[PDB]
Amino acid sequence: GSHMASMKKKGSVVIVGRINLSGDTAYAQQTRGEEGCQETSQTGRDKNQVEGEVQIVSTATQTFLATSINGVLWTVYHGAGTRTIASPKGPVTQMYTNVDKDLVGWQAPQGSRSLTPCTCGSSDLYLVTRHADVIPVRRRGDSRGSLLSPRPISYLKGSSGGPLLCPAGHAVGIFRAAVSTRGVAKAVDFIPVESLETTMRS
Ligand SMILES: *[C@](O)(C(=O)NC1CC1)[C@H](CCC)NC(=O)[C@@H]1[C@H]2CCC[C@H]2CN1C(=O)[C@@H](NC(=O)[C@@H](NC(=O)c1cnccn1)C1CCCCC1)C(C)(C)C
Ligand SMILES: [Zn+2]
């Protein structure tokens, strides 16, 4: 048995900022501080204005990214689990949940902008990090790419859920993991956008 009246619920994912890609300069903006984030995770009620394609999101313990593509805000299952997302009307249930693809999605928040899936086939990609770095990545397979300049894995911590973009700024994938050797990220693993598209098709 167990005492049911004291069973807690997991909080909602909370949008706490965005990676601004609108101008000629990429930069992170914070829209909610830590105390606000904790409260909003509990209530699931977030009245803040949302803008942009890449959101900075937080659970109780971690901060990472979520990316809007085709009207859905996507992130990684290993980060978000089955959590609701906070919104002006209260918690919003996931529209997509797929542990096998490591993928979740919610209806894109009002005010957000969506990326469109890449159709050009380019293997020259750009990873947008949680600190608003735009890192060149050569595509190496369906779900892998190599960093042109390897980095300590710390550099990529917090970027799970962010986008890989083609040269024209279309979505190629969702970053999920670094391939590391002795703490150095030489490559990345991502969820291909075609996998999101199939998820949306049925
Ligand atoms: C992302 O969730 C994030 O930003 N998290 C911060 C806390 C909010 C995070 C980005 C890390 C740079 N992703 C991960 O932590 C992923 C997820 C995916 C499911 C489990 C975890 C582990 N992970 C990783 O990126 C790891 N990488 C790996 O496990 C790779 N393996 C190795 O690097 C390796 C394996 N054997 C020997 C030597 N090295 C595998 C490789 C195959 C594809 C999947 C990733 C770490 C070690 C955390 C970088
Ligand atoms: Zn493209």
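Quick note: numbers on chain A are straight from the PDB entry, i.e. 980-1181, in order. Note that ligands are numbered from 1 as they come in the structure, with each ligand's atoms numbered from 1 the same way. Quick check of the header: X-ray crystallography, 1.4 Å.
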Asker: Quick one: do you know the drug at ligand 1?
Answerer: telaprevir (bound form)
Asker: Is there a polar contact between telaprevir (bound form) and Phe1154, counting only N or O atoms under 3.5 Å apart?
Answerer: no
Asker: Of the listed options (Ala1157, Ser1159, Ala1156), which comes nearest to atom 30 (C) of telaprevir (bound form) when hydrogens are ignored and any heavy atom counts?
Answerer: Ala1157
Asker: Should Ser1138 be listed as contacting telaprevir (bound form), given a heavy-atom distance under 4.0 Å as the test?
Answerer: yes
Asker: Of the side chain and backbone of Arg1130, name the one, both, or neither that has a heavy atom under 4.0 Å from an atom of telaprevir (bound form).
Answerer: neither
Asker: Of the backbone atoms (N, CA, C, O) and the side-chain heavy atoms from C-beta on, which set of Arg1155 has a member under 4.0 Å from an atom of telaprevir (bound form): side chain, backbone, both, or neither?
Answerer: both
Asker: Please work out, at 4.0 Å between heavy atoms, whether the side chain, the backbone, both, or neither of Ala1164 comes within that distance of telaprevir (bound form).
Answerer: neither
Asker: Look up the covalent bond partner of telaprevir (bound form) and give residue and atom, or none.
Answerer: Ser1139 OG
Asker: Atom 12 (C) of telaprevir (bound form): which of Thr1054, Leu1135, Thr1042 has the nearest heavy atom?
Answerer: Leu1135
Asker: If you take the nearest heavy atom of each of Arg1109, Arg1123, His1057, which one is closest to atom 43 (C) of telaprevir (bound form)?
Answerer: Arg1123
Asker: Counting only heavy atoms, which portion of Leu1044 has something under 4.0 Å from telaprevir (bound form): side chain, backbone, both, or neither?
Answerer: neither
Asker: Which atoms of telaprevir (bound form) have any heavy atom of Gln1041 under 4.0 Å away?
Answerer: 7 (C), 8 (C)
Asker: Name every other-chain residue that has a non-hydrogen atom under 4.0 Å from telaprevir (bound form).
Answerer: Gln1041, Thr1042, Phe1043, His1057, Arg1123, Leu1135, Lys1136, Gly1137, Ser1138, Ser1139, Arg1155, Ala1156, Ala1157, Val1158, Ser1159
